[PDB]
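The model below depicts Angiotensin-converting enzyme, soluble form holding ramiprilat.
We number each residue from 1, following the sequence as shown. Counting starts at 1 for both ligands and their atoms, following the listed order.
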Amino acid sequence: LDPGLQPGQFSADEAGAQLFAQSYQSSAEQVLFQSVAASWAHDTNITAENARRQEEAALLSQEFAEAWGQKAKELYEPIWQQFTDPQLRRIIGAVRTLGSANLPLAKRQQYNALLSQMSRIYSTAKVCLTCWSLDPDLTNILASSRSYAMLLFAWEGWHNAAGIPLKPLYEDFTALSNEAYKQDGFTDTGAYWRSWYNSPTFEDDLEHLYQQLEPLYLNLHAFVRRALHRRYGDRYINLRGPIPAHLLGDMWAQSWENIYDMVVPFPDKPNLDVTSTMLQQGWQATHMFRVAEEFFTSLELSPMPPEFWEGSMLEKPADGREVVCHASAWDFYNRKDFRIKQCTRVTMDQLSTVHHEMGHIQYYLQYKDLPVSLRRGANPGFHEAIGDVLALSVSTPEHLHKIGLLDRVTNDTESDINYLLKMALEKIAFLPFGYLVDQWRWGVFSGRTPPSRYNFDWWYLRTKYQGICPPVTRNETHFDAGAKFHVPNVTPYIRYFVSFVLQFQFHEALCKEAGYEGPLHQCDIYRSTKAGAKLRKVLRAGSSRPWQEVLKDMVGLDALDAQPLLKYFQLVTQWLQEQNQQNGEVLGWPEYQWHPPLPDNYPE
Ligand SMILES: *[C@@H]1O[C@H](CO[C@@H]2O[C@@H](C)[C@@H](O)[C@@H](O)[C@@H]2O)[C@@H](O[C@@H]2O[C@H](CO)[C@@H](O[C@@H]3O[C@H](CO)[C@@H](O)[C@H](O)[C@@H]3O)[C@H](O)[C@H]2NC(C)=O)[C@H](O)[C@H]1NC(C)=O
Ligand SMILES: *[C@@H]1O[C@H](CO)[C@@H](O[C@@H]2O[C@H](CO)[C@@H](O)[C@H](O)[C@H]2NC(C)=O)[C@H](O)[C@H]1NC(C)=O
Ligand SMILES: C[C@H](N[C@@H](CCc1ccccc1)C(=O)O)C(=O)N1[C@H](C(=O)O)C[C@@H]2CCC[C@@H]21
Ligand SMILES: *[C@@H]1O[C@H](CO[C@@H]2O[C@@H](C)[C@@H](O)[C@@H](O)[C@@H]2O)[C@@H](O)[C@H](O)[C@H]1NC(C)=O
Ligand SMILES: [Ca+2]
Ligand SMILES: [Cl-]
Ligand SMILES: [Mg+2]
Ligand SMILES: [Zn+2]
């Protein structure tokens, strides 16, 4: 470690810990920046050499974390929990968690190489027939094609290409990750991830939330299944079975927005998928980012700074060079550089993703002046919710009208059902997926799911919660969890489940602050400077305060609550139930064993 980066001496008292935390702050922004910068150089340009460099930067990060970590223990281990300064307690608490810096050097290098190799496999995997990439090629197929065989070829090709080679590395990664966090006091890595919510009843509270939401999902599923049956017929859709996992618009069946045209209740009303209009009007990536920004400035939140526009990667590079397309928002920890990296496509769902990513940036802009240890969401779910809350307003027919994307205006029960149905495809359909992913990963980290059951347990959960089935036979050579970005990239998932509930709590509160008095699902907070001030208070808090209290100050309650989401969707929840009953649907999938046949001429 460079001499300037090494910790000095501090008295072993709270006065010393404050000086310690200040000295750490100085050196940590330098260390984080080199690490983030090397990650950027790799992710926007995947080469052997960029991986080498990133690995070197990560090693320097661990060295730093180890030295400042061990000094924090040496001086403050028996006393930091009794410090008067709550923010100081949180800073020291972070610094003394070593994670992968607990590993000896050889295992640190193994760990860093595993992350790099798993990232590369995911972001460079192709399906060959001339080879299709995930983004845009396979994404477009899953979203747009209605050919059973084509969908299958993309689904199977991607799962095989990405999943199969990851499996040996994932096993090695799990074991090392566990070894690292065990020396911080956690039974397994999952326990450390869950600790961020600082709630002893976290798993039970999530389970209770899901119990309230499940009927909504069952009704949506049944209704969509029926529409798929009308299209694909009895051979490929079982009206009492799970839906084939490739037919729902998305590689992971996680959001069903893309099959809206097949399920829309009242096709005579305004077309709520404005993708056609965006293309017709010639929208590109930077228009999408600028329109998102202006929503934020309408609230008197910050614009994107010059460094964002100069640094960001907003389209897939046309020089064909390899990049991580999966959209992400970057804090370089120097209070100046902030960037999005997205292979943006001109679609309505991408417009929402742009808002999602810009929500991350806006958090980073608002808390940049906190101590480095506190530059995070009040919990991870908060960071995930910010952009989605604004996108709830943007998606409204009224708002789309204001920005030139929906010329016809209507306010009637049919138009409302269409809107709420479309939103259900994006929000309700995701809930079981958002919930299951980390149930899977928590079982893997705990050892309940050994390598010998990775795919068996994955599909158990996928069927259990989403009521989908794989459209070709799978076995334990397959590693279908690995074909989802967050697994090889070691990004936790439960945050997205929390976010999908929390965003409706946020929406409700911001709408009330805006002075809006209509139905929750027609609220648009655009240009509410009062809504803006209430959201800014959250963003400025970082992780300086318990999330329960930040939530209470914002929405008036100190807990996750499904009631705002239920209220938002209530009209369509009622309508879907009525439709399914009148069609005599079976809710659920009692033929749990059923899988579709292969197409006759597949794949030739
Ligand atoms: C779309 O239309 C709905 C429904 O409008 C209501 O019923 C229709 C059939 C018509 O007869 C309308 O005249 C009637 O308002 C609109 O929702 C309604 O909006 C108003 C707010 O502008 C609500 O009234 C307010 O209620 C609060 C109490 O909560 C009072 O403090 C206010 O004094 C005020 O009267 C009304 O409750 C609300 N009701 C429904 C049916 O949910 C909606 O605003 C409109 N949307 C758009 C985008 O134009
Ligand atoms: C992608 O990363 C590679 C490193 O793997 C970059 O290669 C360097 O490129 C500059 C300019 O072409 C040369 O002067 C260096 O000698 C290269 N290094 C090596 C080791 O080959 C490459 O430039 C990057 N591409 C982009 C557009 O950023
Ligand atoms: C597109 C988005 N990408 C992520 C990347 C997170 C990340 C974290 C660390 C390193 C690299 C990436 C995010 O911005 O949270 C994402 O994966 N998801 C999720 C997903 O697509 O699975 C669902 C969430 C709502 C809309 C977009 C969100
Ligand atoms: C796992 O599956 C591998 C390949 O897929 C198989 O081939 C297709 C045509 C179907 O038969 C499908 O049901 C199969 O999964 C096999 O190569 C492999 O040997 C299978 N078994 C093991 C132990 O890996
Ligand atoms: Ca779409
Ligand atoms: Cl999380
Ligand atoms: Mg989509
Ligand atoms: Zn996010």
> Where do all copies of ramiprilat turn up in this model?
Replying inline: ligand 3
> Which residues of the other chains approach ramiprilat to under 4.0 Å (heavy-atom distance)?
Replying inline: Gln254, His326, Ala327, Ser328, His356, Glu357, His360, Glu384, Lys484, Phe485, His486, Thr491, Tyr493, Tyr496, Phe500
> Does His486, backbone or side chain, put an N or O under 3.5 Å from an N or O of ramiprilat?
Replying inline: yes
>> With heavy-atom distances below 4.0 Å as the criterion, list the atoms of ramiprilat near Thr491.
In response: 8 (C), 9 (C)
>> Return the closest protein heavy atom for atom 6 (C) of ramiprilat as residue, atom name and distance.
In response: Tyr496 OH, 3.9 Å
> To which protein heavy atom is atom 22 (O) of ramiprilat closest, and what is the distance rounded to 0.1 Å?
Replying inline: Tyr493 OH, 2.7 Å
> Can you list the atoms of ramiprilat that are under 4.0 Å from a heavy atom of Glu384?
Replying inline: 15 (O)
>> I'm looking at ramiprilat in this structure - which UniProt domain of chain A has most of the contacts?
In response: Peptidase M2 1
> Short list, please: which atoms of ramiprilat are under 4.0 Å from a heavy atom of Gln254?
Replying inline: 20 (C), 21 (O), 22 (O)
> What other ligands and ions have an atom less than 4.0 Å from ramiprilat?
Replying inline: ligand 8 (zinc ion)
>> Which residue and atom name correspond to the protein heavy atom nearest atom 16 (C) of ramiprilat, and how close is it?
In response: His326 NE2, 3.6 Å
>> As an exercise, identify every atom of ramiprilat less than 4.0 angstrom from a heavy atom of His360.
In response: 13 (C), 14 (O), 15 (O)
>> Could you identify the single nearest non-hydrogen protein atom to atom 5 (C) of ramiprilat and state the distance to 0.1 Å?
In response: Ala327 O, 3.3 Å
>> How far is atom 14 (O) of ramiprilat from the closest protein heavy atom, and which atom is that?
In response: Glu357 OE2, 2.6 Å
